[PDB]
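Summary heading: complex between dihydrotestosterone and Androgen receptor.
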Amino acid sequence: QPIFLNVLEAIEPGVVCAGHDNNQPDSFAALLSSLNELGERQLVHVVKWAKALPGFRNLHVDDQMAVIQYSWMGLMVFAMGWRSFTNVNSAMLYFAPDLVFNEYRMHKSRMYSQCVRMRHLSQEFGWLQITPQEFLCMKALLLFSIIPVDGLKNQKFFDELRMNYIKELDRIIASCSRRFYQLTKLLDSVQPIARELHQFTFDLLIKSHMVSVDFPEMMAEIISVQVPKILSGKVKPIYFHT
Ligand SMILES: C[C@]12CCC(=O)C[C@@H]1CC[C@@H]1[C@@H]2CC[C@]2(C)[C@@H](O)CC[C@@H]12
């Protein structure tokens, strides 16, 4: 109904295929290379989504790219959890229409423990009865949920932007106080999942040539330049709850 939800609903990216050959057997190299390629493809959509968000041009240009390059993992995981919930009721991880992870592929990817936590996130959309509007509002907040400890180039504009995206989530929610507690808690729970994936993908990139896993260009750069800033503690998530 407001101008805010109109925009989020209008800019929400469509379907993104991974390009996975489902005829080949489920090897560690094949699954991860297809996930990597899906990441490269989704990263193009996340950029164009982010730039079309209300007030996103208020940020400094370096801060615009920085906030995208830090928050992409959590954003994509959260959207994937939503796809998994809506399509297959959180039974499998719906990374893309041509890349759906069953229990076997959770195991063959050597990421079973991480896939379990992502499936658990997907089940929370069902357990908490999250609406599409709450999903979109929450997802938009995740873009503004990880920053350098030293701060951004223009920190005031980020703070003002983050404040307003919190306000919009509180609005579309509305002893209802428990709701906001729960949604903030669910948003916080994305961050530990994203950190495990940051560690996994970083380790995988280092050893990629040995295990024949293919990393595309933007993924290789971001995982080698931006992700280690997060893993070294220079860049950290903004939690709601301590
Ligand atoms: C973001 C992606 C791809 C987009 C998505 O739907 C969620 C998914 C979560 C796991 C990521 C994957 C991109 C490729 C990664 C980073 C692998 O290198 C290891 C974990 C994978």
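We count residues from 1, following the sequence as given. Both counts, for ligands and for their atoms, begin at 1 and track the order of listing.
- Nearest protein heavy-atom neighbour of atom 12 (C) of dihydrotestosterone (ligand 1): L35 O, 4.2 Å.
- Looking only at protein heavy atoms, the nearest one to atom 1 (C) of dihydrotestosterone (ligand 1) is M76 SD, 3.7 Å.
- Within a 4.0 Å radius of atom 17 (C) of dihydrotestosterone (ligand 1), the protein contributes one or more non-hydrogen atoms.
- Interface atoms of dihydrotestosterone (ligand 1) facing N36, defined by a heavy-atom separation under 4.0 Å, are 14 (C), 15 (C), 17 (C), 18 (O).
- Listed by number with element, the atoms of dihydrotestosterone (ligand 1) under 4.0 Å from a non-hydrogen atom of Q42 are 4 (C), 5 (C), 6 (O).
- Taking a cut-off of under 4.0 Å to the non-hydrogen atoms of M80, the atoms of dihydrotestosterone (ligand 1) that pass are 6 (O).
- Interface of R83 with dihydrotestosterone (ligand 1), defined as ligand atoms under 4.0 Å from a residue heavy atom, comprises 6 (O).
- Both criteria (UniProt 17beta-hydroxy-5alpha-androstan-3-one-binding in chain A; heavy atom under 4.0 Å from dihydrotestosterone (ligand 1)) are met by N36, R83, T201.
- Distance remark: protein heavy atom present below 4.0 angstrom from atom 14 (C) of dihydrotestosterone (ligand 1).
- Taking a cut-off of under 4.0 Å to the non-hydrogen atoms of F200, the atoms of dihydrotestosterone (ligand 1) that pass are 19 (C).
- In the vicinity of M219, heavy-atom distances shorter than 4.0 Å reach the dihydrotestosterone (ligand 1) atoms 13 (C), 14 (C).
- Per UniProt, most contacting residues of chain A around dihydrotestosterone (ligand 1) lie in the domain NR LBD.
- Near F95, meaning under 4.0 Å from any of its heavy atoms, are these atoms of dihydrotestosterone (ligand 1): 5 (C), 6 (O), 7 (C), 8 (C), 9 (C).
- Atoms of dihydrotestosterone (ligand 1) lying under 4.0 Å from any heavy atom of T201, numbered from 1 in the order shown and given with element: 16 (C), 17 (C), 18 (O), 19 (C).
- By chain and number, the binding site of dihydrotestosterone (ligand 1) (heavy atoms under 4.0 Å) reads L32, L35, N36, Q42, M73, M76, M80, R83, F95, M111, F200, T201, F215, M219.
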Pick out the protein N or O atoms lying less than 3.5 Å from any N or O of dihydrotestosterone (ligand 1), and list each pair with its distance.
| residue | atom | partner | partner atom | Å |
| --- | --- | --- | --- | --- |
| dihydrotestosterone (ligand 1) | 6 (O) | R83 | NH2 | 3.0 |
| dihydrotestosterone (ligand 1) | 18 (O) | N36 | OD1 | 2.7 |
| dihydrotestosterone (ligand 1) | 18 (O) | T201 | OG1 | 2.7 |

